[PDB]
Participant: 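If you scroll down you'll find the structure; I have some questions about it.
Chain letters run alphabetically, one per sequence line, in listed order. So for chain A, numbering is the PDB entry's, and the shown residues are 1-136, 142-220, in order. We're sticking with the PDB entry numbering for chain B, so the shown stretch reads 128-306, in order. By the numbers in the PDB entry, the shown part of chain C spans 1-214. Note that these values count all heavy atoms, side chains included, but never hydrogens, waters or copies made by symmetry.
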Amino acid sequence: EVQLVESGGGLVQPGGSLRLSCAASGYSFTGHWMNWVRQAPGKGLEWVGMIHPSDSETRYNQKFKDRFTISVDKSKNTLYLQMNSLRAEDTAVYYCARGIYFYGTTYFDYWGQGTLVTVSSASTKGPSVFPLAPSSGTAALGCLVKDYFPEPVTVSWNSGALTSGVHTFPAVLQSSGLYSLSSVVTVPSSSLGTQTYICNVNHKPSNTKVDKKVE
Amino acid sequence: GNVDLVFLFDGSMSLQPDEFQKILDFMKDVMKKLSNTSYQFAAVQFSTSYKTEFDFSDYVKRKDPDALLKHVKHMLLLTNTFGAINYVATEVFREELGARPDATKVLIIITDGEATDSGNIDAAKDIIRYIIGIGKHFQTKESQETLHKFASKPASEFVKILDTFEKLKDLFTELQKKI
Amino acid sequence: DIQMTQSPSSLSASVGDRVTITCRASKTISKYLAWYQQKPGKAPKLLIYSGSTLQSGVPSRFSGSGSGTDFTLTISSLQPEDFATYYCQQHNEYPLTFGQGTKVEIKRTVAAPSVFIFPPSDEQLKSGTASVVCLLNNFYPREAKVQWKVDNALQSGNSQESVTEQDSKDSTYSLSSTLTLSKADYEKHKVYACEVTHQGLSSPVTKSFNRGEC
């Protein structure tokens, strides 16, 4: 299958640099134009620019041409976006998307999963995971992921063996400037006391993996 | 010794962006194989009118089939196969565009539909002409026989009708075990 | 540049209705407009290009129309899976510009929230803070009140909510409130309650627990 997997996002200070990666698979990487699109939290999509891997010909949005540099590595089937002199408004989800050049200019048919870039002058804080133990017929239980920076965190249950009745709530921001989210799962009420529940909390910016058994 | 080969590829409204893409990849795989070799290439898209996507002296400078064809756009119009071959005979096989007077003339035509025009291709009589008809339009002998007047004689060897665009892959490997 | 203007900014429609989203252009762009569907947390998904061409895999219930400045995406017979902001994009000239998106939400039948309450963990207490979590599970509409009470003292300004995005199947919402206190404060009081008001509830529902018990 056509696959676009991105890496390199995280926390970066104002005036700092960062290089994102886009690993492309399942098609001839040198046969399609590649694009970078970004999306600020709770806002719209912005085109950054394109690159043709074959010879690395580029076209930019002029809004981005100064501090953003798009390059390629045909040997690794990988696309890069080099960001420089970053500022708060550059906080966005950055997608790499494969484009079609056939009709008009360009539209995008295959997208990357995205990666969050947070521009802030704060420090990376890993989370604490506290059990939301079930009640003393349907029971709820969960994990409280607390006091982390920046976003995001991933939460799964039983290594992925459980998706039914799972609710990973959006992170909220608090006074401390740290995030905190809860992830809850509804289970049979009689299953407790014999069935094992473990939430898998991952915070890549801080290199914090936590396996938390609830009860 | 050395040969000048032109790809005359279909770009009509009956092609799907995927089927158009497969033709483009086919032309590349061919070039890639026939590289480190005394061949030089040119590619012309045809529909209602005709456009040289890259010429010979573009090829001998760039060499990369991927970089040479990156600006191609899908015409999405008709299939004027007659006017197209004449255009390749008078406009593309010129030293203005980088053609060699000692090199033998070869033409690979790729289409998925019957010609939407008429006339003759007498202008292209000293060009070796291959024609590749691709599926579901050449699903009847009568229609397959319409491509014979474009190709070199005998059709037995210069006409290939493929069942599906997925079969352009099959065709490429055929040519690899060929001499 | 070309300003793409979408209409409306958000909407709600019941399952099986005709949704018509309009995208308008700063100035003529022939027929070269594309539609994208973006689901929560996920990347945008191609639906239509060149004004009216359906992409391979996209259900024919999606339809693009228009040429020039006025374009329309028509989702005929809306589905629960069809919850996801829609963006339009011009592919006629550079730079490529998008619309601003239209949230398409799904009207369904009123659903009462199930209420669950979670005392702080003893693990978190060992650290000087107490988080009490109230959970409203699988309800509709999205709009609900949560009242935090500590021995009948209303707690205002020391709680934070989150609402899940529409269930792609089922069609509901879930809400999670977190009341945060010091250990000192928490261990000074007994009755911790969560009073939930919703349109689906006949009268407010309370879920409580007593400290040193839970």
Participant: Of all chains near chains A and C, which one has the greatest contact count, and what is it called in the PDB entry?
Facilitator: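 Most heavy-atom pairs belong to Integrin alpha-L.
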Participant: Which drug name is given for chains A and C in the PDB records?
Facilitator: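 The name is efalizumab.
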Participant: Find all residues of chain B with any heavy atom within 4.5 Å of efalizumab.
Facilitator: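 On chain B, heavy atoms within 4.5 Å give B:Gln143, B:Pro144, B:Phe147, B:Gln148, B:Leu151, B:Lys155, B:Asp191, B:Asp193, B:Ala194, B:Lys197, B:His198, B:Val199, B:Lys200, B:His201, B:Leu203.
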Participant: Please list, by chain and number, the residues of efalizumab that lie under 4.5 Å from chain B by heavy atoms.
Facilitator: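 The heavy-atom paratope is A:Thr30, A:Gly31, A:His32, A:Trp33, A:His52, A:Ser54, A:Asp55, A:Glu57, A:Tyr101, A:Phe102, A:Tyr103, A:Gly104, A:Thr105, C:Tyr49.
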Participant: Tell me which UniProt domain of chain B holds most of the residues near efalizumab.
Facilitator: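 That would be UniProt domain vwfa.
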